[PDB]
Amino acid sequence: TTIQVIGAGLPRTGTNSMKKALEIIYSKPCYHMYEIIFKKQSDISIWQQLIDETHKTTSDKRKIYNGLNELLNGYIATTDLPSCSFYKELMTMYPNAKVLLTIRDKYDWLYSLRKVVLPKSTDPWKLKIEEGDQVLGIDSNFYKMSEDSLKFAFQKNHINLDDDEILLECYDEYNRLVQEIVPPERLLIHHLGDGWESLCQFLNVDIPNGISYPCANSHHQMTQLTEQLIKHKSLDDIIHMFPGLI
Ligand SMILES: Nc1ncnc2c1ncn2[C@@H]1O[C@H](COP(=O)(O)O)[C@@H](OP(=O)(O)O)[C@H]1O
Ligand SMILES: CCN(CC)CCNc1ccc(CO)c2sc3ccccc3c(=O)c12
């Protein structure tokens, strides 16, 4: 098993649905931030080391390739942060892998991002998200790795993450840069709602018969997840309320 598809889309662009769609197509696992959170929190420090490497005057690209290869062993595809920030390195490692860019309206994206993964520091909802996440074992080391991967994707050392104007411009620039860097023949831009047809044609497979394209990980469900984690203090006690997520 080797990487066949590199997902370059940012969080809140349908990455979890795309992860599930690729798992349906290939019958093998796809990487996602939820793999780290729910299955392999030991990966956090490894990702942090690779992101740290990118800051050096000369990044040891072979150290990065080797670390990515180890992290992705057993997976057929990648989506989401932190992996999407390494899409160029993955393209070099896997010259036959195709690239997907999941994308959506930038204002819809910003609202989703602020509600679920990156609230403003002045938003009281941030404390609720953090309290729920603590139930999952998430701590400051996870948030540092995730923020660092986002800053790496946006190519910035210093960025005011609390400024919506900055985030909107970074989102547009990131998506533009993917389209400039990946040759069009190697890239599929998949807009929220596009479903199976373009994806299956791009990957040389048939449309899965009787299986609908996934629609996972809505902000409504995520807000409920935070609320129920806070209320019950146990993932296992609430997982029956959240089918089709992990
Ligand atoms: N098949 C589909 N059709 C429409 N929206 C979808 C979808 N699959 C996922 N989404 C939306 O993609 C976002 C989740 O992305 P990610 O998995 O990258 O975090 C959520 O947006 P909202 O927060 O606006 O509901 C979710 O509703
Ligand atoms: C109930 C919600 N909880 C658990 C699911 C959110 C857990 N947190 C995250 C989950 C998924 C993703 C990307 O998919 C990110 S990305 C990011 C990027 C920058 C800073 C933080 C984050 C971040 O904290 C996060």
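All residue numbers refer to positions in the sequence shown, counting from 1. Counting starts at 1 for both ligands and their atoms, following the listed order. Side chains included, hydrogens not; waters and symmetry mates left out as well; all remaining heavy atoms used.
In this entry, more contacts with ligand 2 come from one chain than from any other, and the PDB entry calls that chain Sulfotransferase. The molecule at ligand 2 is the drug hycanthone. Close N/O approach between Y143 and hycanthone is not found [any backbone or side-chain N/O within under 3.5 Å]. Of the protein's non-hydrogen atoms, the one nearest atom 16 (S) of hycanthone is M33 CE, 4.0 Å. For atom 8 (N) of hycanthone, the nearest protein heavy atom (residue, atom name, distance) is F142 CE2, 3.6 Å. Atoms of hycanthone lying under 4.0 Å from any heavy atom of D133, numbered from 1 in the order shown and given with element: 1 (C), 2 (C), 3 (N), 4 (C), 6 (C), 7 (C), 8 (N). Closest to atom 1 (C) of hycanthone among all protein heavy atoms lies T226 OG1, 3.2 Å. For chain A, the PDB entry reports the organism Schistosoma haematobium. Each of the following atoms of hycanthone lies closer than 4.0 Å to a heavy atom of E147: 19 (C), 20 (C). For hycanthone, one of its N or O atoms has an N or O atom of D80 under 3.5 Å away.
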Where does hycanthone get N/O contacts under 3.5 Å from the protein, atom by atom?
unit_1     : atom_1 : unit_2 : atom_2 : d
hycanthone : 3 (N)  : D133   : OD1    : 2.9
hycanthone : 14 (O) : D80    : OD1    : 3.3
hycanthone : 14 (O) : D80    : OD2    : 2.5

